[PDB]
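Depicted below, cyclosporin A in association with Cyclophilin A.
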Amino acid sequence: XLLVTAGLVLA
Amino acid sequence: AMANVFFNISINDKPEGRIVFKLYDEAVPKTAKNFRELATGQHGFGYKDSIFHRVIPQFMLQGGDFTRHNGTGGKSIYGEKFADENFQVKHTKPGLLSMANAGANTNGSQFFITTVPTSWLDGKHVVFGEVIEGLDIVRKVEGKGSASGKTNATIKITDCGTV
C-alpha cells in the first residue's frame, strides 16, 4: 500500500 | 532551537540547489531538535553525504538512513530510537517532513518529504516541519523515483545545516 517504514517495507 | 534547516541536493552529482525547511518546534520540539542537529552534524554524524534511498512518485521522498543507506539504518541524537512525540500535526499538504518508523516509538533518523496529502499516515508518523523553499527540487527528485521506490540516479545531500 502507501507506507513509510524503516526496514519491513509493507504493501 | 529555531533556525531553519537547509539541504543542498545533487542528482548524479549535478547540483540542483537548496531545499529549506521550517520545523515545527512549538509542536514537536524533541523531534525537530533531532532533525536540526542531524542536519548540522554537531554530534559528529548526520545527514551530510547521505542519500534518498526510496522515492515514490505521487507519494514521498524517503531519506535519512546515514548508516546503511537502504532503509535498515539510521540513529537519532537520543540513541538508536526515540518515542513518538505526538501526532498533532496531520499530513495535509505536499512538502511536509514526517518521521519514517518501524512501528510505535521507533523514530531514528529516517524521514520523508510528502509530495501529496498522506492522511492515511496521520496518528502513526510524526509530522515535524515543512518545505519553505525548493519544492521544485523535491519534484525533480520525485521524477527520478519509481513505484518500487528505486531511483534511477543518485540523490545526495551534499551539504546541510542551519541557515
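Sequence lines set the chain letters: A, B, ... in the order given, protein chains first and strands last, and positions in each chain run from 1. Modified residues are rendered as parent or X, with their additional atoms omitted from contacts. FYI, side chains are in, hydrogens and waters are out, and symmetry mates aren't considered; it's all heavy atoms of this structure.
To find every copy of cyclosporin A, look at chain A.
Taking every heavy atom under 4.5 Å from cyclosporin A, one finds B:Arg54, B:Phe59, B:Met60, B:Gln62, B:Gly71, B:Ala100, B:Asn101, B:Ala102, B:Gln110, B:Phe112, B:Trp120, B:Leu121, B:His125. The residues of cyclosporin A lying within 4.5 Å of chain B, counting heavy atoms only, are A:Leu2, A:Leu3, A:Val4, A:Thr5, A:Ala6, A:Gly7, A:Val9. As listed in the entry, the molecule name for chain A is cyclosporin A.
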